[PDB]
S.K.: 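Consider the following structure, which includes progesterone.
Residue numbering for chain A follows the PDB entry; the residues present correspond to positions 722-910, 912-982, in that order. Whatever order the structure lists them in is the order used to number ligands and atoms, beginning at 1.
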Amino acid sequence: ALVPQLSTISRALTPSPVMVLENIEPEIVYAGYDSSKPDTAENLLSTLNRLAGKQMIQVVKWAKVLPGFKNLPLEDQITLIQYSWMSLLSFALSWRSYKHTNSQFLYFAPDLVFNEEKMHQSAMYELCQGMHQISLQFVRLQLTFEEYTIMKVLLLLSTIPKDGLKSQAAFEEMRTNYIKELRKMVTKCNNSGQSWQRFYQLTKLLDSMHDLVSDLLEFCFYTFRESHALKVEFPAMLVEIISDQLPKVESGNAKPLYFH
Ligand SMILES: CC(=O)[C@H]1CC[C@H]2[C@@H]3CCC4=CC(=O)CC[C@]4(C)[C@H]3CC[C@]12C
């Protein structure tokens, strides 16, 4: 007589959150690097900024379909993306470096791979070495794609306003759920000692991104404010993001969340 509103088939066929993360992972983006131009800081940095703007367009499309993110107030979704963008892009850079070059180079894009020489020419050498160190860590830990996709969501949820989000409870719920995903993901089959040791390594890695990202942002805000004198160009997307972030971070309104 009445139509069952529950779908057994639907629940059974719905993919796990981890499988969804794999399904929504953005496709690789090209930098549009032109080797006919000289490899001076002005050109390399402008090209990386253009690449960043293209990558952020895809990050936003990804965030729209990230399981759980839609549950947070809109204002909070926008805020987390703005506070975490540098952590997401630098972590993804190490991932590509790890997968495409065994962490021997920094794989910004298929058409723009930095070797030591480009790192020096970029005038961002020490920062490049810092992102490279994360890539090297991926090799030591043999980071898996599943672990990486969960950690990336955790990074999106790693920095919040000192004040607070519109819904701290909604945020905590999502953050706790994804930490649970990582927790289960590192569970072996049966060996708590090894399982906790790896969870510790992964969370220590996540934590280490805050100091790296702070240094990346210091340099970013610096080149941004002196873009005219330095001739470093930024695409509309980055001007929007940085114009919002710079004052908030510099006034002490960004609060990093740590595991340790
Ligand atoms: C121009 C500048 O200040 C540099 C310093 C840190 C650099 C960013 C470092 C992380 C990064 C990784 C990418 O894969 C795309 C470009 C970005 C997002 C870089 C764009 C250029 C930045 C913002």
S.K.: Provide the name in the PDB entry for the chain that contacts progesterone (ligand 1) most.
M.R.: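 Chief contact partner: Mineralocorticoid receptor.
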S.K.: Report the binding site of progesterone (ligand 1) using a heavy-atom cut-off of 4.0 Å.
M.R.: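 Using heavy atoms under 4.0 Å, it comprises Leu769, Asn770, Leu772, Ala773, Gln776, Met807, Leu810, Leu814, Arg817, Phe829, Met845, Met852, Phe941, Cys942, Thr945.
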S.K.: Give the numbers and elements of all progesterone (ligand 1) atoms closer than 4.0 Å to a heavy atom of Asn770.
M.R.: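 The list of qualifying atoms is 1 (C), 20 (C), 21 (C), 23 (C).
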S.K.: Taking only heavy atoms of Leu769, which atoms of progesterone (ligand 1) are found under 4.0 Å from at least one of them?
M.R.: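 Those of progesterone (ligand 1) that fall under 4.0 Å from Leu769 are 16 (C), 20 (C), 21 (C).
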S.K.: Quick check on contacts: which atoms of progesterone (ligand 1) are under 4.0 angstrom from a heavy atom of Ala773?
M.R.: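 Within the 4.0 Å cut-off of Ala773, progesterone (ligand 1) contributes 16 (C), 18 (C).
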S.K.: Help me out: which residues of chain A, per UniProt 21-hydroxyprogesterone-binding annotation, have heavy atoms under 4.0 Å from progesterone (ligand 1)?
M.R.: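 Among the UniProt binders, by heavy-atom distance, it comes to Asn770, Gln776, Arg817, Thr945.
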S.K.: For progesterone (ligand 1), which is the ligand I care about here, please tell me if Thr945 has any N or O atom under 3.5 Å from one of the ligand's N or O atoms.
M.R.: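 Between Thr945 and progesterone (ligand 1) (N or O atoms, distance only) the closest approach is under 3.5 Å.
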S.K.: In chain A, which residues that UniProt lists for progesterone binding have any heavy atom less than 4.0 Å from progesterone (ligand 1)?
M.R.: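 Short answer: the UniProt residues with a heavy atom that close are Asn770, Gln776, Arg817, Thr945.
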S.K.: Going by the order shown, which atoms of progesterone (ligand 1) are within less than 4.0 Å of some heavy atom of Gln776?
M.R.: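 Reading through progesterone (ligand 1) atom by atom, the close ones are 13 (C), 14 (O), 15 (C).
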S.K.: I need the atoms of progesterone (ligand 1) closer than 4.0 Å to a non-hydrogen atom of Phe941, numbered in the order shown.
M.R.: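 Here the atoms of progesterone (ligand 1) in question are 2 (C), 3 (O), 5 (C).
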S.K.: Specify the organism recorded in the entry for chain A.
M.R.: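 In the entry, the organism is Homo sapiens.
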S.K.: Between progesterone (ligand 1) and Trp806, is the shortest N or O to N or O distance under 3.5 Å?
M.R.: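 There is no such contact.
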S.K.: State the UniProt domain of chain A with the most residues near progesterone (ligand 1).
M.R.: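 It's the UniProt domain NR LBD.
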S.K.: Suppose I only count heavy atoms of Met845 and a 4.0 Å limit; which atoms of progesterone (ligand 1) are within that range?
M.R.: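 So the atoms of progesterone (ligand 1) that pass are 4 (C), 5 (C), 6 (C).
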